[PDB]
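Please read the structure below before turning to the comments.
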There are 2 protein chains.
Amino acid sequence: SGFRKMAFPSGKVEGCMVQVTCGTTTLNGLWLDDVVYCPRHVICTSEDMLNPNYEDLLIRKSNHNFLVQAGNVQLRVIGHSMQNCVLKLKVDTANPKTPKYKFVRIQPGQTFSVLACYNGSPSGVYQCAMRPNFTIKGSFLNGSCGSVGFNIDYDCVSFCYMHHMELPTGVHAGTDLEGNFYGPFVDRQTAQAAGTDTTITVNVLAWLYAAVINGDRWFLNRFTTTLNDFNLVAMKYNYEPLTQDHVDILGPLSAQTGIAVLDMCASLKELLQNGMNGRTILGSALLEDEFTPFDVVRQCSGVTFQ
Amino acid sequence: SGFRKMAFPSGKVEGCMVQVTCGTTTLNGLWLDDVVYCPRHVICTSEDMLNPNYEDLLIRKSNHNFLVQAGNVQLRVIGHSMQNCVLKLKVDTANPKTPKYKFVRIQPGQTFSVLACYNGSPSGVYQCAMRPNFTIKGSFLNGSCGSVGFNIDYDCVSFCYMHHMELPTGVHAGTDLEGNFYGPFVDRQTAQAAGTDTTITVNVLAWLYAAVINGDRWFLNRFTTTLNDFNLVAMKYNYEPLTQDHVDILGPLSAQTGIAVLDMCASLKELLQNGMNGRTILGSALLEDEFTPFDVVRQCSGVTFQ
Ligand SMILES: *C(=N)[C@H](C[C@@H]1CCNC1=O)NC(=O)[C@@H]1[C@@H]2[C@H](CN1C(=O)[C@@H](NC(=O)C(F)(F)F)C(C)(C)C)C2(C)C
Ligand SMILES: *C(=N)[C@H](C[C@@H]1CCNC1=O)NC(=O)[C@@H]1[C@@H]2[C@H](CN1C(=O)[C@@H](NC(=O)C(F)(F)F)C(C)(C)C)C2(C)C
C-alpha cells in the first residue's frame, strides 16, 4: 500500500551529464554517443539574452570557444551546429556510459522525471507533468539549464525535455531534444505568458482510482453521469474535456476496482461542486492531476527497470 | 524559483541492489564490499511469518540455501550471520560498484531518499521523513523488502533505512543497516500500532521559509509570540515542541529572509487556529512537514553531488 510521487531511477542519466561553458556562461549538457546537447543560449552574455540574434552570435563562435567538461576531464569539440533552440557539439570521444536511448516529444498530460543539474553535476530528481499549457512546475535555479526530463522503458531512456527558462508565474519552459519548445515560448529574456492552465482530467480520475485501490474511498457517491454532462461541468472548473480515448486508458484501473469511469466522473463532479470539506484523499487536500493512468498502474504493480 | 519534493540521484545505490532468494521467498539485498545485507525474514515461509523463531529457522539454513543474484549473475555465498533483524551474507566477490559509504541511524524529523526495488531491480525513487512515531509514508508492495533509504554527502552515500513491513494504517516500518528497527516494531505478522503521529514543527517552519523565498507570503501576519506560548498552542494540534536548537537550525533561512523564527511561529499559530481558507502555500492546501531546514537550504542554493 501507499501512493507516492515517484521519479524513475536516475543512474542511466547521471552518466550523460557534462558541464558546457562558453565565455563566462556555464550550463549542463547531455552527452550521448559523440554528441553533446545543450541550450543554445550558452553563447549569450547577460546583455545578449535581452534580444538575441542566435545566428549572428553563433557565427562569432568556433569549436574551441566551447569548454565541455565530464568530471575533471575536458572533451575536445570537433564540430558544432544549431538545431532549433539546442546547440549540438560534436566531440572526439563517444560516451562509454551511453545507454540505449531515444528522443521523444511528449504530449500534454504526460509525465516525466527531471534530474536537476548544476555545473554538470546532478543535484536531485523529481517527477513533472507537461501541463496542458506546455509549462512544467519544477524547481530550477541559475545554472539549471540543460537539465533533462526523461522516462525509462525497461532498458531504454526516452529523453523528452531540456530546461531553458522560467516564466513570470514561477513555472518553467523548455524544449524537446531536437530544440523545439513545448508551447509558444521563445529563448529571449522578454515578458511571456503561459496562458490559462487547465486540469488534466484523465490524470485526476487515475489518482481517484489509486485512492480507491489504497482503501481511501469516502468520495464515492451513489450517482453516475454521461460524458457530455460531466464535460459540461468540468469545463466550468477549467478541466480538460474527457474523451472516449481517456475512458479506454482508464480501463485497467476500472477493471481492477470494479468502478465504471462514468460513475467515477459523477463523484469527481460532486467533489468539484461541493469541495472536500477539510477531508483528504491520499493525504492531499486538493485534487491531484500529475499522475497518468500509466503512473498509477506502474505503482499498483511495481513495474521494474534494468 | 519553484519548490519540489526532490530525491537524491540514485545511481550510486542502483549499483548496490541485488536479488536475494531463500526457498520460494525473494527480496532485495544491498551489496556493499564482500557483504550483502537483507531483511532476516527472507528465511521465512508465509506460515513462519506468523510467529517466527529466527534463531531456530536460521539454524536450518546453510550458505547454499541463499541465492544472491546481480542481474543475470549468481554470487557465491561463503558466510552468513544474523545482526538484529538483518541477515548479512558474505560473498566471494566485492562489489566493483561499491561507492564511498557509511551506516547511520537517522533521527525523527530527518529525511532520506528511498529507491523502491522489486527482484533486485530499481523501480523508482522518492523522498521520506522518519516520522516522530518512527514510521514512514512510503509506497511499498510485495517484494519491496530490502529497498533502502539513504542520503548523499557529495561522494559518500549514507545508508539509514531498510524496508521490512507495512503497519495497519498503511504506513511503513523498517530498520537501520545494523538491523535495529526504528520504533517499537517487530518483524512478525502480528497486529502492531504506530502510535499518535505528531507534526515536525521545525520542518513546517522550514517549508514556510521556502514559501516566503518563492514569493508566496500571504500567511505572514503582523503578530509575534514566545517559545512557550507557541508550544502551548502547537501541543494542542499534535505539533512537536519547538526548542532553541530548532531555532538555531532555522538561522540561515531566518537570515536569508529577514524574518525572526518567533514571528514565523505566530503566523503558524494563526494558520493552525484559523486554517488556510481554501488558499494554498507552494501549491498545497495543507501544512507540509517533510522538508527539513537542510532540504530547504539545499534547494534554495542548488547543492550538487559527485
Ligand atoms: C538557465 N540556466 C536559466 C534557468 C532559469 C534561472 C532561474 N530559474 C530558471 O528556470 N534560464 C534563464 O535564465 C533564461 C535565459 C534568459 C532569461 N531566462 C529566464 O528564465 C528569464 N525568464 C524570462 O525572461 C521569461 F519570463 F520570458 F521566461 C528569467 C527572468 C531569468 C526568469 C533566456 C535566454 C531565456
Ligand atoms: C516485504 N517484502 C513486505 C513488505 C510489505 C508488503 C506489503 N507492503 C509492505 O510494506 N513485508 C511483509 O510482508 C511483512 C513481513 C511479514 C508480514 N509483513 C507485513 O508487512 C504485514 N504487516 C503486519 O503484520 C504488521 F501490521 F504488523 F506490520 C502485512 C500484513 C503483510 C502488511 C513480516 C515478516 C513482518
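Naming: A, B, ... by sequence-line order, numbering from 1 per chain. Excluded from the calculations below are hydrogen atoms, water molecules and symmetry mates; all remaining heavy atoms, backbone and side chain alike, are included. Remember, it's 1-based here, ligands and their atoms both numbered in the order they're listed. Heads up, header says this was done by X-ray crystallography, 1.9 Å.
In this structure, the drug found at ligand 2 is nirmatrelvir (bound form). Lab note: most contacts to nirmatrelvir (bound form, ligand 2) come from the chain UniProt lists as 3C-like proteinase nsp5. Counting only heavy atoms under 4.0 Å, the other chains near nirmatrelvir (bound form, ligand 2) are B. Heavy atoms within 4.0 Å of nirmatrelvir (bound form, ligand 2) belong to B:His41, B:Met49, B:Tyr54, B:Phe140, B:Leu141, B:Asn142, B:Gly143, B:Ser144, B:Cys145, B:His163, B:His164, B:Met165, B:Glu166, B:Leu167, B:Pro168, B:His172, B:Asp187, B:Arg188, B:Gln189, B:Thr190, B:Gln192. Ligand-side atoms of nirmatrelvir (bound form, ligand 2) in range of B:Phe140: 8 (N), 9 (C), 10 (O), range being under 4.0 angstrom from any heavy atom. Counting per UniProt domain, chain B has the most residues touching nirmatrelvir (bound form, ligand 2) in Peptidase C30. Atom 20 (O) of nirmatrelvir (bound form, ligand 2) lies below 4.0 Å from at least one non-hydrogen atom of the protein. For nirmatrelvir (bound form, ligand 2), the covalent anchor is B:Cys145 SG. Atom 12 (C) of nirmatrelvir (bound form, ligand 2) has its closest protein heavy atom at B:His164 O, 3.8 Å.
Of all atoms in nirmatrelvir (bound form, ligand 2), listed by their number and element, those nearer than 4.0 Å to a heavy atom of B:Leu167 are 26 (F), 28 (F). Distance from atom 10 (O) of nirmatrelvir (bound form, ligand 2) to its nearest protein heavy atom, with residue and atom name: B:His163 NE2, 2.7 Å.
Scanning the protein for heavy atoms near atom 35 (C) of nirmatrelvir (bound form, ligand 2), the closest one is B:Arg188 N, 3.7 Å. With hydrogens left out, the protein atom closest to atom 23 (C) of nirmatrelvir (bound form, ligand 2) is B:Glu166 O, 3.7 Å, a heavy atom. Counting protein heavy atoms only, atom 4 (C) of nirmatrelvir (bound form, ligand 2) is closest to B:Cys145 SG, 3.2 Å. Applying the 4.0 Å criterion to heavy atoms of B:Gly143 picks out, from nirmatrelvir (bound form, ligand 2), the atoms 2 (N). Near B:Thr190, meaning under 4.0 Å from any of its heavy atoms, are these atoms of nirmatrelvir (bound form, ligand 2): 24 (O), 25 (C), 27 (F). Rounded to 1 Å on heavy atoms, the UniProt active-site residue in chain B nearest nirmatrelvir (bound form, ligand 2) is B:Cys145, 2 Å.
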